[PDB]
Novice: 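Following this message is one structure expressed as structure tokens.
Order of sequence lines = order of chain letters (A, B, ...). By the numbers in the PDB entry, the shown part of chain A spans 1-10. Numbering of chain B is taken from the PDB entry, so the residues present carry the numbers 1-214, in order. Per the PDB entry, chain C residues shown: 1-212, in order.
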Amino acid sequence: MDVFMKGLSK
Amino acid sequence: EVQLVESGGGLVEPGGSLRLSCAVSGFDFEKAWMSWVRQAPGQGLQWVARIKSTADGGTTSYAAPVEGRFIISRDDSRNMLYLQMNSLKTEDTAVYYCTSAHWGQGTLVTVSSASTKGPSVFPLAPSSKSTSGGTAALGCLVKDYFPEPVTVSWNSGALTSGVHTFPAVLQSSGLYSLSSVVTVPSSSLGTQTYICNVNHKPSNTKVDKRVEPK
Amino acid sequence: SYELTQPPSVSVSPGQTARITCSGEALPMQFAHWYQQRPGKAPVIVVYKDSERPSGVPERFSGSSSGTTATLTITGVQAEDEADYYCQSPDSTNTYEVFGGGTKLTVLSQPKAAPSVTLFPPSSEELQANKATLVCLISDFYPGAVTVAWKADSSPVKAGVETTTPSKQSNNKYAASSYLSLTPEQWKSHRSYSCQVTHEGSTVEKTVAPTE
């Protein structure tokens, strides 16, 4: 449910 | 659990257009950065296009081979992703996947000037040369169809055990052929009817072919 | 422009440990993700954001990432882990997404299986439509390499032959098919036609004749 692409970066 | 279902793939001629759709369920689609990714036969995965979340500006990005011809868009209200494809080329032939870490099943895009053609279905009769160890092999030849796919069942899906439907050959002609074989008891051959049921949805054709001993 | 480098192949023995690398310039600033893709199926994620394990993924699959290399480690490899593995990461500006080339993982010492060969002659309905196809089906073999030769009587025939690439089946074995297209006149003119299938030093030749 919470594993999708959110545009997050390091 | 998560599921993505793509639709809209099919045969279109070079220069043509198509629109692909993807229904998403099981995660917060509003926050998701969504991509299309394609895979040509026996090739690797090739990213096509991305659209950010609306809250992040909804920015679109395209792979260089498709930039300017394709348009990715989203509809948050219906949890839908779309890929509008234009000026299509034979090199765009591929399975198109909708993805945001999870993946849909994909939808087949075939770019070709060749026209749709339903199959010629011929029986492969059991003989003694296809009989060994008390079991007999019989089948159907699904000849000269376009585009993929064809699906085969047996006795309207009541015979599901011992069924072997082979990957299609792509012939020099541009046409496809495939065979489906079922292995059955040899003593049933005189009493049991065998019918293969061919479905070629691209040509809206179903063929029920009776297979009888030679 | 930005590229992720992945070894085309990795082969390992059952129960030992496989490491699949993915090297990229922007990996210090962007997450990598790893996908398994089984023969004929869609990719499934096995690593999310460098090192997180998605729910339901077995514990033997794990990832890590530091510097310009992300690594997928498969411990206690099984035959079932044979598949293509892709890494994915965006460019340094996170403007576009990039995929690795893929890594085919092969598990060594899987048992050799001689292929079943079944050859069908042209159906009578096909002959009446003035066509002729011989169908040579080849199933349940490993490794995935066969050579098909057709013969008319004792003479090889190259024209009219269509043979598939072998494709990995359900049990990790392979299947292929070969088709010889003839006119009904060519079918009748010879005493017999033969499909000859070679696999790991074994040869099987099935023969059909127009009079039987």
Novice: List the drug name given for chains B and C.
Specialist: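 That's BIIB054.
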Novice: What residues form the epitope of BIIB054 (chains B and C) on chain A under a heavy-atom cut-off of 4.5 Å?
Specialist: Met1(A), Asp2(A), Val3(A), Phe4(A), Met5(A), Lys6(A), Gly7(A), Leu8(A), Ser9(A), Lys10(A)
Novice: Extract the paratope of BIIB054 (chains B and C) for chain A at a heavy-atom threshold of 4.5 Å.
Specialist: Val2(B), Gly26(B), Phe27(B), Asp28(B), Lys31(B), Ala32(B), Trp33(B), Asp56(B), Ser100(B), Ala101(B), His102(B), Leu27(C), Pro28(C), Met29(C), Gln30(C), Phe31(C), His33(C), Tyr35(C), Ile45(C), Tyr48(C), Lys49(C), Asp50(C), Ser65(C), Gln88(C), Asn94(C)
Novice: State which organism the entry records for chain A.
Specialist: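 The PDB gives the source of chain A as Homo sapiens.
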Novice: What does the PDB entry call chain C?
Specialist: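 According to the entry, BIIB054 Fab light chain.
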